[PDB]
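Here, fedratinib is shown bound to Bromodomain-containing protein 4.
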Amino acid sequence: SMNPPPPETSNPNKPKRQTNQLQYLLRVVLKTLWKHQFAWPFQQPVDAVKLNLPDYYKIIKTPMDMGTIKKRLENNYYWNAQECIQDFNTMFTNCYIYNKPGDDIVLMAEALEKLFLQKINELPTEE
Ligand SMILES: Cc1cnc(Nc2ccc(OCCN3CCCC3)cc2)nc1Nc1cccc(S(=O)(=O)NC(C)(C)C)c1
């Protein structure tokens, strides 16, 4: 195959904002998920060439990963928390679409998602 370029993480033409919810998403949510024992397959874009998955980007047209999310948060790429939450959800969904239920990678994603939802429930209120 060829891998696609990774998702954009910095846009000089996109307005930037720093809020307590976005700060929480970086300093608590991203941080906590990153350190999970099953996080590492989700820490960078899927290298479908290295993994020998010629159909990966035929099926997954909206790829997302936590390396990308980390950079977007760092670069104040998001205007609001929902845009970031959507990226996490896209990452999980992508795993559940490409892989069979019960597969080891799916069980890993499910562990991360449970933790994610726990942290999102404790999202601070704005301002
Ligand atoms: C985010 C993500 C979503 N889906 C997948 N699916 C997937 C990945 C690789 C696959 O290859 C199957 C056969 N090989 C697996 C290792 C020996 C040969 C089959 C399916 N992988 C993902 N990431 C991933 C990243 C790095 C390594 C691997 S892995 O192939 O080592 N799979 C685990 C053992 C981590 C479950 C997987």
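Residues 42-168, in that order, are what chain A shows, numbered as in the PDB entry. Order of listing sets the numbers, starting from 1, for every ligand and every atom in it. Side chains included, hydrogens not; waters and symmetry mates left out as well; all remaining heavy atoms used.
Around fedratinib, within 4.0 Å by heavy-atom distance, are found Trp81, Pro82, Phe83, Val87, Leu92, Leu94, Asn140, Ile146.
Taking atom 8 (C) of fedratinib as the reference point, the nearest protein heavy-atom neighbour is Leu94 CD1, 3.7 Å. Distance check on atom 25 (C) of fedratinib: some protein heavy atom falls below the 4.0 Å cut-off.
Under the 4.0 Å distance rule, the nearest protein heavy atom to atom 5 (C) of fedratinib falls inside the cut-off. Ligand-side atoms of fedratinib in range of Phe83: 1 (C), range being under 4.0 angstrom from any heavy atom. Across chain A, the UniProt domain dominating contacts with fedratinib is Bromo 1. Of all protein heavy atoms, the one closest to atom 34 (C) of fedratinib is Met149 CE, 4.9 Å. Against a heavy-atom cut-off of under 4.0 Å, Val87 is close to the following atoms of fedratinib: 1 (C), 2 (C).
Within a 4.0 Å radius of atom 20 (C) of fedratinib, the protein contributes one or more non-hydrogen atoms.
Protein heavy atoms come within 4.0 Å of atom 30 (O) of fedratinib. Annotation: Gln85 places no N or O atom under 3.5 Å from an N or O atom of fedratinib; distance criterion only. For chain A, the entry records the source organism Homo sapiens.
Taking every non-hydrogen atom of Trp81 and a distance limit under 4.0 Å, the qualifying atoms of fedratinib come out as 26 (C), 27 (C), 35 (C). Looking only at protein heavy atoms, the nearest one to atom 32 (N) of fedratinib is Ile146 CD1, 4.9 Å. When hydrogens are left out, the protein atom nearest atom 28 (C) of fedratinib is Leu92 CD2, 4.0 Å; that is the closest non-hydrogen contact.
Nearest protein heavy-atom contact of atom 7 (C) of fedratinib is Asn140 OD1, 3.7 Å.
Of the protein's non-hydrogen atoms, the one nearest atom 23 (N) of fedratinib is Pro82 O, 3.4 Å. In this structure, atom 13 (C) of fedratinib has no protein heavy-atom contact shorter than 4.0 Å.
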